[PDB]
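Everything on this sheet refers to the single structure shown next.
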Amino acid sequence: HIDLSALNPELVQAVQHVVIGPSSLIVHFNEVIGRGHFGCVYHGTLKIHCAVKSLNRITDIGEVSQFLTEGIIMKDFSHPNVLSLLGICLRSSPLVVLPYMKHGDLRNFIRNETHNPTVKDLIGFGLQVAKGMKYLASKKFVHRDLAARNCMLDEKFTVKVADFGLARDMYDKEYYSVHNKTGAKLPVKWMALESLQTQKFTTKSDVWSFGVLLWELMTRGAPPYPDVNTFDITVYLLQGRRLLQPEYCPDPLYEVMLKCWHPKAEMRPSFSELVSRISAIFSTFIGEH
Ligand SMILES: COCCOc1cnc2ccn([C@H](C)c3nnc4c(F)cc(-c5cnn(C)c5)cn34)c(=O)c2c1
């Protein structure tokens, strides 16, 4: 039930634009297209193709006014490299309605044997992520879980930063480790040093994660630091170590990665700078699909 008075009065008007009437959404529960810890994702027809995420694997949604507020904030985000929220549908837990992303998550796409992106293509995927993150950062939004598994591609191969707001989940449980003091399940191999120490996330720790994501692109989806175990990553990094330069990664792109992993968070490049530097490197290449 929607209690309009429980919302901030400023936001009441925006509710009509986020809520999807059940007569407008056919959900095909016969075919799972995504699996999160908090719930499964299904085909949906809104005629446009959509992805419908359940949150029923969680025992409770939380404060319904807060859930709507998150929806309202999220729907106002609009950028070609950020996954949009189409809306929220209520059933007698609510369903989150996202655009259909035909080619799935970026990591699986670059690992796929049937597709063959060139080096220029891979750098271009990187640039598209950088633009999405420049936009999210301009809205003061900290992602906290940027990684190739958490970006998706549509039918035109447009790359979108995903896995945030009401779509946030663990879609590959392998890469999340339980903190012993806090219990939080953390993507430690994508995390900045300071975040591993404090569990505080900033746009500058998203930039660190972005550097790792660039490394994933250039290795076509290799797992980072395979011979390091979970929270021993802090010890590993503090030995004076970083991920090695992939074979087909240009020297300037590796230099970009090293700047993203700067020990001083404030000395890491902004996402605007990353878009600028990467656009330059991208422009030096010929040949792409
Ligand atoms: C091969 O892909 C077939 C298309 O299936 C789709 C098509 N479109 C979508 C759209 C959204 N989602 C959920 C809500 C979602 N939202 N963000 C993400 C994300 F960042 C990653 C994933 C994901 C799914 N599987 N994996 C490995 C990662 C799923 N994500 C989906 O799971 C989803 C699944």
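Residue numbering for chain A follows the PDB entry, covering 1052-1097, 1104-1149, 1152-1348 in order. Remember, it's 1-based here, ligands and their atoms both numbered in the order they're listed. Side chains are part of it too, since the values below use all heavy atoms of this structure and drop only hydrogens, waters and symmetry mates.
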Just trying to sort out this structure - which chain has the greatest number of contacts to ligand 1, name per UniProt?
Hepatocyte growth factor receptor
Which of TNG462, AMG 337, CP-547632, GDC-0941 at ligand 1
AMG 337
Proximity to AMG 337 (ligand 1) by part of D1164, non-hydrogen separation under 4.0 Å
side chain
What is the nearest residue to AMG 337 (ligand 1) among those UniProt marks as active site in chain A, and what is the least heavy-atom distance to 1 Å?
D1204, 7 Å
Of the residues in chain A that UniProt says bind ATP, which ones have a non-hydrogen atom under 4.0 Å from AMG 337 (ligand 1)?
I1084, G1085, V1092
Closest to atom 1 (C) of AMG 337 (ligand 1) (judged by heavy-atom distance), picking from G1163, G1085, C1210, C1091:
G1163
Any N or O on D1222 sitting closer than 3.5 Å to an N or O of AMG 337 (ligand 1)?
yes
Hey, which organism does the entry list as the source of chain A?
Homo sapiens
Which UniProt domain name applies to the region of chain A with most contacts to AMG 337 (ligand 1)?
Protein kinase
Quick one: look at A1108 and AMG 337 (ligand 1), take heavy-atom pairs under 4.0 Å, and tell me if it's side chain, backbone, both or neither.
side chain
Using distance alone, decide if AMG 337 (ligand 1) has a nitrogen or oxygen within less than 3.5 Å of any nitrogen or oxygen in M1160.
yes
State the binding site of AMG 337 (ligand 1) (non-hydrogen atoms, cut-off 4.0 Å).
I1084, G1085, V1092, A1108, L1140, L1157, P1158, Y1159, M1160, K1161, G1163, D1164, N1167, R1208, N1209, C1210, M1211, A1221, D1222, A1226, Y1230
When you check AMG 337 (ligand 1) against the protein, what N or O pairs turn up below 3.5 Å? List the atom names and distances, or just say none.
from               : atom 1 : to    : atom 2 : distance (Å)
AMG 337 (ligand 1) : 8 (N)  : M1160 : N      : 3.0
AMG 337 (ligand 1) : 17 (N) : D1222 : N      : 3.2

